[PDB]
Amino acid sequence: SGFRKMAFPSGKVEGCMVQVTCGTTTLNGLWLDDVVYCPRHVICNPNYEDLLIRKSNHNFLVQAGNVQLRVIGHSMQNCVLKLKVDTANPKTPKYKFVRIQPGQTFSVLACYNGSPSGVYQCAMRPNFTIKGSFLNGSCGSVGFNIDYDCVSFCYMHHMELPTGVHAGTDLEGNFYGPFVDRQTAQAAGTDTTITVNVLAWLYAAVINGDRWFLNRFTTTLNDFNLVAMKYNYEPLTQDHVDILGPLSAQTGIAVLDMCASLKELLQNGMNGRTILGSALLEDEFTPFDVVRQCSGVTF
Amino acid sequence: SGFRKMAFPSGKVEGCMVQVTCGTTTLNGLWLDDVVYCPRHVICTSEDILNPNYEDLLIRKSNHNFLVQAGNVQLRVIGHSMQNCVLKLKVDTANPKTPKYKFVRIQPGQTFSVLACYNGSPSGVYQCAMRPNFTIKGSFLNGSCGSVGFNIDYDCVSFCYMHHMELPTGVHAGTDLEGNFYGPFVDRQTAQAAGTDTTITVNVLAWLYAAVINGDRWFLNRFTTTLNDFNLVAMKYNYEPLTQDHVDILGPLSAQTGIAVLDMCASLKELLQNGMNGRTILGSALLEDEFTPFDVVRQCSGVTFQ
Ligand SMILES: *C(=N)[C@H](C[C@@H]1CCNC1=O)NC(=O)[C@@H]1[C@@H]2[C@H](CN1C(=O)[C@@H](NC(=O)C(F)(F)F)C(C)(C)C)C2(C)C
Ligand SMILES: *C(=N)[C@H](C[C@@H]1CCNC1=O)NC(=O)[C@@H]1[C@@H]2[C@H](CN1C(=O)[C@@H](NC(=O)C(F)(F)F)C(C)(C)C)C2(C)C
């Protein structure tokens with residue numbers, strides 16, 4: 001037993017990380033087959049479309065470990081630059097590019113000079129930011145899920161907002177949230193709590209013998225969602241209640257039963273108690289995360 | 001900016017994990033050059049685990065009683081030897097993916113990454129601390145035994161923990177990679193309970209310095225303290241004594257923030273006296289003790305946000 005904020009094994013992604021230099025700008029690239037993907041801001045209100053067509057190939061210094069890759073082509077896709085190189089990455093995993101929804105979780109491999117430094121677990125916030133841990137040179141660091149042996153890349157890191165939270169794109173260069181890759185004034189919107197994830201975490205508490213917060217009462221979506229949006233919680237939809245099904249049977253607490261416990265916790269707080277060693281309601285574990293860690297699924 | 005329970009990238013440990021089978025017992029092993037290291041209780045059956053005589057169970061085994069599997073490849077065992085509570089299986093192939101490594105015994109308070117494994121396949125990576133009472137708060141199911149804890153320093157992997165068992169309080173016990181248990185535990189299903197746990201004071205102070213570095217000062221006060229007055233108060237909250245070594249180790253974080261270690265001790269003292277006042281620090285409503293001074297310096301700017 002035990003419950004931990006657990007990342008995916010980073011091995012397969014570690015094999016894809018390289019260093020990209022264009023002038024004084026250094027950051028991280030993802031080398032898949034014969035293409036390196038990185039933030040287009042490496043070339044730097046700029047003018048990218050124009051800037052890149054001007055720039056020749058030997059201007060992009062691409063270092064993989066000690067080796068250098070020769071760039072035989074460039075091209076823009078939204079906010080990501082694609083650098084064509086002479087050689088396919090022999091360590092290339094089975095992979096795809098996915099776009100995740102807010103509330104969905106993923107593992108970040110934090111990198112500096114194409115060198116992996118750390119791995120942590122993240123949720124795409126409702127306001128399309130992530131609460132990451134990123135310094136200078138972190139740009140091009142990626143977010144991923146692993147499904148059997150297939151790496152789904154969902155995030156590339158671009159920037160830090162003034163509140164200390166982070167913004168990036170999918171691997172096709174589409175931003176998460178209403179942001180731009182320009183030195184301009186940008187803020188995170190007001191965030192909400194991922195209700196379905198809090199409930200999933202309460203089910204993990206129960207599975208691990210942490211049960212003081214349960215009660216006799218049940219509720220309805222309406223009454224709950226009226227209390228929720230008061231405490232800046234996402235609406236719990238009927239889809240959410242379906243996903244929690246597995247955990248509701250496996251424990252014998254009913255989702256609208258668990259909604260009554262969570263209501264009670266929002267109104268009365270914790271009474272100097274913890275749940276799985278937290279004094280806050282944790283919203284960065286999906287139902288899938290909880291079933292996977294409490295089942296022991298491997299990669 | 002930001003502050004996360006970061007683990008080390010697991011790739012270099014992933015390439016070492018194998019599955020070890022003895023009769024009906026399968027657990028994970030660690031394949032480094034031509035040796036596979038695993039918990040010796042792989043040779044135990046259901047009837048052995050209360051008073052196993054390992055020397056006696058082992059003398060009754062051939063090399064070919066050990067099935068070792070690295071992905072699809074069954075490796076061939078050519079030698080076996082017990083060292084403390086680890087079995088070492090000599091195999092015909094040296095692991096081509098063996099990293100630069102060493103084995104280290106860590107002290108309570110020290111952190112490391114755990115690669116949770118089942119059937120020699122990795123399930124996930126998380127960060128742990130050796131609790132003062134020599135346990136870890138892991139996430140570990142049936143078959144997780146042989147999973148390892150590690151730090152990475154440039155390219156070199158220091159193996160510090162191997163998982164053996166779960167104690168009645170839901171917390172975990174294991175050995176160094178020389179097979180010597182952390183704490184007063186034994187690889188037997190006999191009555192075993194963890195010492196009462198304590199908060200790792202030096203680590204909480206480190207994490208308060210992290211909070212100042214990311215620009216949060218709401219919990220500082222204008223007081224100082226003697227180390228001894230601080231320790232007299234800290235013991236009353238089940239905090240580990242802070243020693244002069246601990247104060248020395250905090251020197252750098254003190255210099256980066258301009259806040260004296262004993263002034264940070266005055267803040268912690270007040271935080272214990274009052275709690276959070278419905279406020280949080282680095283996203284936690286509790287005082288965090290699983291970040292070392294080395295961790296904070298590693299993950300934090302080097303330039304304080306004010
Ligand atoms: C990539 N290597 C860095 C990562 C940053 C640095 C501090 N922590 C991080 O996550 N990315 C950048 O430097 C990007 C890059 C220009 C400016 N920038 C920022 O992150 C800046 N923020 C913003 O521009 C703002 F306000 F809009 F969010 C900075 C002020 C340096 C934090 C570009 C092209 C956006
Ligand atoms: C390794 N595969 C397991 C790991 C355990 C299983 C559940 N969670 C874990 O981390 N190791 C064992 O099953 C060891 C093994 C015999 C018994 N054992 C235990 O962990 C048991 N606990 C104890 O014996 C206790 F509490 F006294 F320390 C168990 C009750 C099954 C969790 C041996 C030889 C110690």
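Proteins come first, then strands; the chains are lettered A, B, ... in the order of their sequence lines, and each starts at number 1. All ligand and atom numbering here is 1-based and tracks the order in the structure. The header says X-ray crystallography, 1.9 Å.
This structure shows the drug at ligand 2 to be nirmatrelvir (bound form). Most heavy-atom contacts to nirmatrelvir (bound form, ligand 2) in this structure come from the chain listed in UniProt as 3C-like proteinase nsp5. Other chains making heavy-atom contacts shorter than 4.0 Å with nirmatrelvir (bound form, ligand 2): B. Using a non-hydrogen distance threshold of 4.0 Å, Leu27(B) does not register as a contact of nirmatrelvir (bound form, ligand 2). According to the entry, the covalent attachment of nirmatrelvir (bound form, ligand 2) involves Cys145(B) SG.
Near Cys145(B), with a cut-off below 4.0 Å to any heavy atom, the atoms of nirmatrelvir (bound form, ligand 2) are 1 (C), 2 (N), 3 (C), 4 (C), 11 (N). For atom 13 (O) of nirmatrelvir (bound form, ligand 2), the nearest protein heavy atom is 4.0 Å or more away. Checking the UniProt active-site residues of chain B against nirmatrelvir (bound form, ligand 2), the nearest by heavy atoms (to 1 Å) is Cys145(B), 2 Å. Considering only non-hydrogen protein atoms, atom 27 (F) of nirmatrelvir (bound form, ligand 2) sits nearest to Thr190(B) O, 3.1 Å. Using a non-hydrogen distance threshold of 4.0 Å, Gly143(B) registers as a contact of nirmatrelvir (bound form, ligand 2).
Atoms of nirmatrelvir (bound form, ligand 2) lying under 4.0 Å from at least one heavy atom of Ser144(B), given by number and element, are 2 (N), 10 (O).
Of all atoms in nirmatrelvir (bound form, ligand 2), listed by their number and element, those nearer than 4.0 Å to a heavy atom of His172(B) are 10 (O). Lab note: contacts of chain B with nirmatrelvir (bound form, ligand 2) map mostly to UniProt domain Peptidase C30. As stated in the entry, the source of chain B is Severe acute respiratory syndrome coronavirus 2. The site surrounding nirmatrelvir (bound form, ligand 2), defined by heavy atoms under 4.0 Å, contains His41(B), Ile49(B), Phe140(B), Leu141(B), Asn142(B), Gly143(B), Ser144(B), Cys145(B), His163(B), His164(B), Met165(B), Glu166(B), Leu167(B), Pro168(B), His172(B), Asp187(B), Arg188(B), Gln189(B), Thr190(B), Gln192(B).
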